[PDB]
K.L.:
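This entry shows rifampicin within the model.
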Amino acid sequence: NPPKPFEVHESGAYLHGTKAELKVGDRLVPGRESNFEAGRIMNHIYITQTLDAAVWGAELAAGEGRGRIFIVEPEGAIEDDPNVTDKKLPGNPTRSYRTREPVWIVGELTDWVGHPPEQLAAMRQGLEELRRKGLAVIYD
Ligand SMILES: CO[C@H]1/C=C/O[C@@]2(C)Oc3c(C)c(O)c4c(O)c(c(/C=N/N5CCN(C)CC5)c(O)c4c3C2=O)NC(=O)/C(C)=C\C=C\[C@H](C)[C@H](O)[C@@H](C)[C@@H](O)[C@@H](C)[C@H](OC(C)=O)[C@@H]1C
Ligand SMILES: Nc1[nH]c2ccc(Cl)cc2c(=O)c1-c1ccccc1
């Protein structure tokens with residue numbers, strides 16, 4: 001399924017893109033290393049209700065694996081991801097959220113296609129440019 005930017009599914013189910021080999025049944029607590037800043041300990045887990053965002057999460061995750069999209073259930077409260085809320089577009093059209101509490105892995109999505117390679121390379125090259133200019137501010 002070719003991700004359409006800002007398109008929710010009728011489930012409203014929480015998604016999580018990553019390269020981590022997670023399994024159905026896993027409970028995962030906050031505090032892993034950031035995908036964007038070596039050595040940065042995370043206060044939150046990031047989740048999304050759009051397929052587009054979860055694909056970005058699978059493609060941009062650190063690791064040698066192939067991207068995976070997990071279906072997750074938070075144990076506690078979620079809030080708008082500030083990294084993508086009112087930062088260009090008003091509100092939270094990617095429907096990206098974060099939580100200070102653990103999440104359970106309740107399934108895996110298997111029939112999705114990632115972004116065209118020139119889109120993923122453009123995203124990676126833009127992020128390296130914000131790195132080099134010291135404009136890659138990450139809120140957590
Ligand atoms: C769900 O979000 C995704 C897709 C959105 O879909 C889509 C269609 O809607 C977007 C919204 C609503 C944005 O508000 C946005 C944005 O604010 C932004 C970049 C950056 N794009 N660039 C590429 C080319 N460009 C010329 C330069 C920079 C974006 O592309 C988007 C963007 C999209 O592309 N940020 C910036 O420009 C700056 C100044 C800083 C970035 C800081 C950190 C590093 C990031 O925030 C990290 C923490 C992640 O949060 C993102 C990497 C998101 O990855 C995930 C997995 O979450 C990703 C945006
Ligand atoms: N979406 C994210 N937001 C972040 C915000 C802040 C910090 Cl310190 C880290 C992250 C981060 O690692 C991710 C992520 C990227 C790919 C796969 C899963 C999660």
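Residues: numbered from 1 along the sequence shown. As a basis for the values below, the full set of heavy atoms in this structure was taken, side chains included, without hydrogen atoms, waters or symmetry mates. As the structure lists them, so they are numbered: ligands from 1, and atoms in each ligand from 1.
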K.L.:
Hey, where's rifampicin in this structure? All the copies, please.
P.N.:
ligand 1
K.L.:
What would the PDB entry call the macromolecule that lies against rifampicin (ligand 1) with the most contacts here?
P.N.:
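It sits in most contact with Rifampin ADP-ribosyl transferase.
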K.L.:
What residues end up in the site of rifampicin (ligand 1) at 4.0 Å, going by heavy-atom distances?
P.N.:
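Using heavy atoms under 4.0 Å, it comprises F6, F36, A53, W56, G57, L60, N83, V84, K87, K88, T94, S96, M123, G126, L130, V137, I138.
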K.L.:
Is there at least one pair of N or O atoms, one from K88 and one from rifampicin (ligand 1), spaced under 3.5 Å apart?
P.N.:
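Looking only at distances, the answer is yes, because the N/O contact criterion of under 3.5 Å is met.
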K.L.:
What protein heavy atom sits nearest atom 54 (O) of rifampicin (ligand 1), and how far away is it?
P.N.:
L60 CD1, 4.1 Å
K.L.:
Would you say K87 and rifampicin (ligand 1) have an N/O pair spaced under 3.5 Å apart?
P.N.:
yes
K.L.:
I'd like to know the organism the PDB gives for chain A, please.
P.N.:
Mycolicibacterium smegmatis
K.L.:
What atoms in rifampicin (ligand 1) come closer than 4.0 Å to a heavy atom of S96?
P.N.:
1 (C)
K.L.:
Counting each atom of rifampicin (ligand 1) from 1 as listed, which ones have a heavy atom of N83 under 4.0 Å away?
P.N.:
17 (O), 46 (O), 50 (O)
K.L.:
Which other ligands or ions approach rifampicin (ligand 1) to under 4.0 Å?
P.N.:
ligand 2 (2-amino-6-chloro-3-phenyl-1H-quinolin-4-one)
K.L.:
Among all the protein's non-hydrogen atoms, which is closest to atom 26 (C) of rifampicin (ligand 1), and how far away is it?
P.N.:
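For atom 26 (C) of rifampicin (ligand 1), the nearest protein heavy atom is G126 CA, 4.9 Å.
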K.L.:
Using a cut-off of under 3.5 Å, which N/O atoms of rifampicin (ligand 1) pair up with protein N/O atoms, and what distance separates each pair?
P.N.:
unit_1, atom_1, unit_2, atom_2, d
rifampicin (ligand 1), 37 (O), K88, NZ, 2.8
rifampicin (ligand 1), 46 (O), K87, NZ, 3.0

